[PDB]
K.L.:
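Looking at a model with chlorzoxazone; I have a few questions.
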Amino acid sequence: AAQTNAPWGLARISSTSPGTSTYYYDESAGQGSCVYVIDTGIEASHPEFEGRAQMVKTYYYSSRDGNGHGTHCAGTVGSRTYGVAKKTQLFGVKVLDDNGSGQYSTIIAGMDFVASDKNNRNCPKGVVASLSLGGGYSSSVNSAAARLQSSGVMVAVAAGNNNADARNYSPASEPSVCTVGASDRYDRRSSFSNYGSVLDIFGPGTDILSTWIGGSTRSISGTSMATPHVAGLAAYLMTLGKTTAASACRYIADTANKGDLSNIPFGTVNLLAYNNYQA
Ligand SMILES: O=c1[nH]c2cc(Cl)ccc2o1
């Protein structure tokens with residue numbers, strides 16, 4: 001399939017070159033996979049989700065997204081226009097308040113929730129979790145991310161937006177999950193993106209158009225925006241049978257565009273997520 005006039009990040013993950021505007025992908029489109037978006041919630045009623053999104057858990061007075069951040073990330077995973085995996089099922093877990101903040105103890109509870117809740121969902125092709133959040137290093141937060149991964153969920157986490165070494169942030173610093181840095185439309189490391197040996201992959205993160213609350217859309221930037229590209233990519237590849245939750249991060253690194261990004265510090269991977277789709 002080909003989506004013309006796609007957001008640049010979509011076109012980028014199906015391209016060997018920057019500077020194109022069509023997204024190419026296999027029509028299976030993540031059908032039969034599921035992606036948990038652990039964030040501020042999802043506006044599931046947005047027409048862009050086509051009934052494929054739902055809230056499954058909140059730790060606050062509402063499961064509605066009063067911020068927009070979770071809806072934007074969910075849109076990059078799987079919305080019809082802005083999404084990598086356009087037929088995946090989306091499950092929202094609201095661990096962050098409407099100001100985008102959440103306690104680590106709630107975030108941990110949300111991760112253990114997904115590890116169990118996947119057994120209450122139909123995801124024959126596999127399960128992904130997208131975690132566009134983090135704070136300072138915590139071994140308990142990292143351990144929760146490792147349990148979720150161990151349970152058979154492909155965990156993608158944001159590297160963080162401090163222009164710093166991601167070793168000092170969690171869950172970014174957990175080795176067993178997929179830590180995602182941010183790039184821009186000219187194949188430059190995003191100005192804010194964290195870096196370091198713990199990063200596994202980069203995805204599009206600067207000026208990313210996606211869904212927003214109020215049935216709207218907007219373009220925002222962050223490693224929070226790169227992470228759902230990788231999570232949607234994993235769901236898409238698992239539906240194709242090319243990889244599994246346990247192997248998907250290594251597979252995406254194996255199949256990435258290599259050495260194409262600028263301003264990558266020495267010792268940080270120079271790998272850009274790529275679906276390797278041949279139309
Ligand atoms: O301190 C922070 N803020 C963060 C935001 C994201 Cl998306 C990831 C890690 C973080 O660490």
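Numbering of residues begins at 1 and proceeds along the displayed sequence. Whatever order the structure lists ligands and atoms in, that order sets their numbers, starting from 1. The figures that follow rest on heavy atoms only: side chains count, while hydrogens, waters and symmetry mates do not.
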K.L.:
Counting heavy-atom pairs within 4.5 Å, which chain has the most contacts with chlorzoxazone, and what does UniProt call it?
P.N.:
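Main partner, per contacts: Proteinase K.
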K.L.:
Which UniProt domain would you name for the part of chain A holding most residues in contact with chlorzoxazone?
P.N.:
Peptidase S8
K.L.:
Heavy atom of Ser224 under 4.0 Å from chlorzoxazone?
P.N.:
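Judged by the 4.0 Å heavy-atom criterion, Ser224 does count as contacting chlorzoxazone.
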K.L.:
Considering only protein heavy atoms, which is closest to atom 1 (O) of chlorzoxazone, and at what distance to one decimal place?
P.N.:
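Among all protein heavy atoms, the one nearest atom 1 (O) of chlorzoxazone is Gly135 CA, 3.4 Å.
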K.L.:
At under 4.0 Å between heavy atoms, which part of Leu133 makes contact with chlorzoxazone: side chain, backbone, both or neither?
P.N.:
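Under 4.0 Å from chlorzoxazone, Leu133 contributes backbone atoms alone.
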K.L.:
Tell me whether chlorzoxazone is touched by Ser132 - counting only heavy atoms on the residue side and a distance under 4.0 Å.
P.N.:
yes
K.L.:
Of the residues in chain A that UniProt says bind Ca(2+), which ones have a non-hydrogen atom under 4.0 Å from chlorzoxazone?
P.N.:
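Of the UniProt Ca(2+) binders, heavy-atom contact within 4.0 Å holds for none.
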K.L.:
I'd love to know the UniProt active-site residue of chain A closest to chlorzoxazone and how far apart they are by heavy atoms, to 1 Å.
P.N.:
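Measured on heavy atoms, the closest UniProt active-site residue is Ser224, 3 Å.
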K.L.:
I'd like to check whether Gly134 has a polar contact with chlorzoxazone, where a contact means an N/O of the residue lying under 3.5 Å from an N/O of the ligand.
P.N.:
yes
K.L.:
Any nitrogen or oxygen of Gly160, side chain or backbone, less than 3.5 Å from one on chlorzoxazone?
P.N.:
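No, since none of the N or O atoms of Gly160 sits under 3.5 Å from an N or O of chlorzoxazone.
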K.L.:
Define the binding site of chlorzoxazone at 4.0 Å using heavy atoms, by chain and number.
P.N.:
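The heavy-atom site around chlorzoxazone is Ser132, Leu133, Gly134, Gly135, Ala158, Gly160, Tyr169, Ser224.
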